[PDB]
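Snapshot of spectinomycin at Streptomycin 3''-adenylyltransferase.
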Amino acid sequence: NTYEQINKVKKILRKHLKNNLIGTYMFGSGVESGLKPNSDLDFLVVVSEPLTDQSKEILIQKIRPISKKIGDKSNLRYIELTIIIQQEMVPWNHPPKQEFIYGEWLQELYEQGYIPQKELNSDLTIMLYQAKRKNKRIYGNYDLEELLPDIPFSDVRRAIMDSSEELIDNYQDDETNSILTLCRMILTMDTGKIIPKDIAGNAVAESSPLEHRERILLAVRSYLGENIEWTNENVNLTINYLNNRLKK
Ligand SMILES: Nc1ncnc2c1ncn2[C@@H]1O[C@H](COP(=O)(O)OP(=O)(O)OP(=O)(O)O)[C@@H](O)[C@H]1O
Ligand SMILES: CN[C@@H]1[C@H](O)[C@H](NC)[C@H]2O[C@@]3(O)C(=O)C[C@@H](C)O[C@H]3O[C@@H]2[C@H]1O
Ligand SMILES: [Mg+2]
Ligand SMILES: [Mg+2]
Ligand code: NA
C-alpha cells in the first residue's frame, strides 16, 4: 500500500529523532500532482539540532527496508528524505544548508558506508520553494509555511541555473526525468509557477523543433504508463537543446 509506507516513514522519524523532530512534510507528486506509475515519495524533515554520524546511519538502515530499490518489480515506491535544520535557514541564504539526504540513487554508496554530511545544495532551494507553496504536514505542531522564511524567486532562478549543470551531465539512465525537469526549469524561469512533469513536458514540446518535440513527448509518455526504451533515440541532442534554451 502507498499510504502504508508514509505511515511507516512517520513512525521511523518520530521514534528515532524523538524530541529533535520539529515536523515532517511531503511535497512532490503526493501533494500537488497525482502519483504516476513510477513516482516517488518526497519528504522534507525539519529538526532542531544537527544529527550525528551514528544517527544518520540509523535512518539509512531503518528507511532502506521500506523503500523501493532501483530495478524492482515491486509495489513499493522510492522514498526520498531530506532533513533541514530550522535554525540554519534564517537569515535566508542561497544555497541553503542541507543536513541529510536519503536517495535511492545513492544506495550503492549507503552500502559502502557513505553517510551524507552537512553540505550546501542549490537544488534544495527549488525543493523548499515548492514545498512551502504546497505540501502535506504528516507530523509536527507547525506548518512548513511557519518554519521557513519566504524564499525570493531570484534565488529560485539561481538554483535552476546552478542545479542545471548537474542534471545535464547525468541524464544517462535517467533520460525521462532529465528531459522533463529541464522542461520544468524552462517554464519556471519564464512562468513562475511549478508545473507537474507531464504538463511541463507537453508545453515545452509544442514549443520546440520537431526532432526534440517528439523526444520530449516520448518522455511524457514514459513518465506516465508507457514503457519507453531510450536505447536508439540519442537523448543527448534533446537535452543539449533544452540546455541552450534554458541557458538563454
Ligand atoms: N523548475 C523546477 N520545478 C520543479 N522541480 C524542479 C525544477 N528544477 C529542478 N527541480 C527538481 O526536480 C525534483 C522534482 O522532484 P521529483 O523527481 O520527485 O518530481 P515530482 O514532481 O515528485 O514527480 P514524480 O516524483 O512523479 O517523478 C526536485 O529535486 C526539484 O528540486
Ligand atoms: C533531489 N532530487 C532527486 C535527484 O534529482 C535525483 N537525481 C540525482 C532524481 O533521481 C530520479 O530521477 C531517479 O531516477 C531515482 C529516483 C529515486 O529519484 C528520481 O528523482 C530524483 C530527484 O527527486
Ligand atoms: Mg514525488
Ligand atoms: Mg523523483
Ligand atoms: Na530509473
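One is the number of the first residue; the rest follow in order along the sequence. Order of appearance sets the numbers: ligands from 1, and atoms from 1 within every ligand.
Put simply, copies of spectinomycin show up as ligand 2. Residues in other chains coming within 4.0 Å of spectinomycin (ligand 2) by heavy atoms are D40, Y78, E80, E104, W105, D123, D174, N177.
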